[PDB]
Structures are given as structure tokens and as C-alpha cells.
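Structure follows of zidebactam (bound form) associated with Carbapenem-hydrolyzing beta-lactamase KPC.
For reference, positions follow the sequence shown, starting with 1. In listed order, ligands and their atoms are each counted from 1. When reading the values below, keep in mind they use all heavy atoms of this one structure, side chains included, and skip hydrogens, waters and symmetry mates.
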Amino acid sequence: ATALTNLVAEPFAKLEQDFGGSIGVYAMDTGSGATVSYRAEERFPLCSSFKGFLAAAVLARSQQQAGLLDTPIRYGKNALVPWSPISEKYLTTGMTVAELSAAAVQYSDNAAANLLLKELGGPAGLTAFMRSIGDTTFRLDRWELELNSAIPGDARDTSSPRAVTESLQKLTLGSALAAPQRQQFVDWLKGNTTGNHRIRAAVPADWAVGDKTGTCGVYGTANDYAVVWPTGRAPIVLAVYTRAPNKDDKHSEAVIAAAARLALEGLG
Ligand SMILES: *C(=O)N1C[C@H](NOS(=O)(=O)O)CC[C@H]1C(=O)NNC(=O)[C@@H]1CCCNC1
């Protein structure tokens, strides 16, 4: 007999009831192949969460272009947009691709993301990268900060929890990247600073987590995806995305953490 997915799903529906919006979740146990899935194929805005995949695309490019990560990007004052706390410190010198990648992932730096997008051929180049690993759902169409509009019914700048989880697994645990690049992606995710109240809040403190968050600031739209390494166990990959119908519907980090907890608890 197969899983009773109605029973797996029920607590997400109650959670999203109180939240006033939609919650989408996919979780993969790479030990058993067990999954938990709730609106897992619906589209949600990526917001800043595309930046993890951007860092992976940079790493892929570095496989073809020796020393790419070492390359300085010396930018002007018009690179600087709000929520760029690292790239704003280094206007007088520039930053390396590696530093920009770390800042995009770990501080969600907007200008760093835009600079790296430019290096990879814009939103379309990142999307092409995702298509190269078999992700047909992911799309990045716009730049920072327009990509955060999160307009209900707009497919631009969205993915699904399932596609995000599958692509994250391929890139962090699978061999989609060479081993050095894969470990670098994992290390960047593990050093994220913005995720303490989201998936990480649902995970025992002695288990390593890498994650990337997103918060569009409108339409109750926010998210997190992660790899979790339980001690002496196969890792778990999961994604939690939210959205809501009114522009002034609040996002909730507590709802993300609660959903993560329901997904992690429900595996296998
Ligand atoms: C990403 O979604 N970002 C970047 C930054 N860090 O948040 S997170 O760590 O990724 O969650 C701040 C949130 C956000 C972002 O760029 N905010 N700005 C905006 O989205 C504009 C203002 C608010 C309305 N949308 C446009």
C-alpha cells in the first residue's frame, strides 16, 4: 500500500488556514527516498531565493573557466541598490566573484546578485543553467529588485517547491557539479546568516543546515530551502514557499518553520 497523502497533507492545510494564504512544501529523505509534498508543484515567487542557484551557476561556469571565482568585479555606484550590505562596503575596491557569491547567498546581497547575473548572461542565463540540470520549472525573468513583485497570477520569477528541492539535491548532494564546486556551494549555504528563524528553527542544533531564504515584502510571500545533515544519517533536502492573495497579507517566518517541522517529522 502507498502513503495516505491526505493524512500527510492535513496539517499543512490547517497551517495555511491560519496564515491566510498558500504554503508549498517538498521534502526529500535521500536515505529512504521518502517524501512529503503539499502544493509541491504550484508556482511561488522565488524572491531572493534564486541567489543560491545563481551561486551554483557561477560554480558551474568556473568548471569551464579556470579562475572565474578569483576574478575581480569592479563596479560603480549605480550597482548599489537597497539590501546590498556587503557590496556597499567595497565600492572603492571591487569584490571577487567568490566574495560576491558568498554575499549573495549568505547576506542575500541584491547588488551582488545583479552583478553575478550580468556575468552569467542575465536572468535568462541563470534560467538556462537550471534547464541544463533538468529543471523545467524554474524561471528567473527580471533583476533585483523588480523580480520581487510577487503579483498573484504572475509566473515570472517563480519556481515550485518540488523543482527547488530536486535541483538543490542534484547540486549539493548529486554529482551535477564537480566535487570541489559542490562542496563550495554547500559551504556557502551552511554559512547563511538570514535563515535562523526558518527551516533552521525546526532542526536540532547539533545537525548541520545550509539554506537560502527569500522575502519579497508583499503578498505574504517568503521562503526557505535547505539541506539538513542529521548526524550519521542520510541528508534531507526541503523547500518551504508561501504566498497570499492580498498585497498587505503578512509573511510569517513562524509559519515557514512550522511547515518545515511538519515536513521533517512526516518523512519515512
Ligand atoms: C530577498 O528576498 N530579499 C533580499 C534581502 N534579504 O532577505 S532574505 O534574507 O532573502 O529573506 C531583503 C529581503 C528581499 C528584498 O530584496 N527586499 N526588497 C524587496 O523585495 C523590494 C522592497 C519590498 C517590496 N518588494 C521589492
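Inclusion of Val218 in the set of residues having an N or O under 3.5 Å from an N or O of zidebactam (bound form, ligand 1) is not warranted. Nearest protein neighbour of atom 6 (N) of zidebactam (bound form, ligand 1), counting heavy atoms only, is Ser108 CB, 3.4 Å. Listed by number with element, the atoms of zidebactam (bound form, ligand 1) under 4.0 angstrom from any heavy atom of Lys51 are 4 (C). Each of the atoms 10 (O) of zidebactam (bound form, ligand 1) lies under 4.0 Å from some heavy atom of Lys212.
Distances between N or O atoms of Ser48 and those of zidebactam (bound form, ligand 1) include at least one value under 3.5 Å. Source organism (PDB entry) for chain A: Klebsiella pneumoniae. Within zidebactam (bound form, ligand 1), counting atoms from 1 as listed, the ones closer than 4.0 Å to a heavy atom of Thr213 are 8 (S), 9 (O), 10 (O), 11 (O). Here's the thing with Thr215: one of its N/O atoms is less than 3.5 angstrom from an N/O atom of zidebactam (bound form, ligand 1). At the shortest separation from atom 26 (C) of zidebactam (bound form, ligand 1) among protein heavy atoms lies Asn148 CB, 3.9 Å. Per-residue contacts place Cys47 under 4.0 angstrom from the following atoms of zidebactam (bound form, ligand 1) (heavy atoms of the residue considered): 2 (O).
For zidebactam (bound form, ligand 1) and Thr194, the ligand atoms under 4.0 Å from any heavy atom of the residue are 9 (O). From the protein, the heavy atom lying nearest to atom 20 (O) of zidebactam (bound form, ligand 1) is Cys216 O, 3.0 Å. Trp83 CZ3, 3.2 Å is the protein heavy atom nearest to atom 18 (N) of zidebactam (bound form, ligand 1). When hydrogens are left out, the protein atom nearest atom 21 (C) of zidebactam (bound form, ligand 1) is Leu145 CD2, 3.9 Å; that is the closest non-hydrogen contact.
If you number the atoms of zidebactam (bound form, ligand 1) from 1 as listed, the ones under 4.0 Å from a heavy atom of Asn110 come out as 4 (C), 16 (O).
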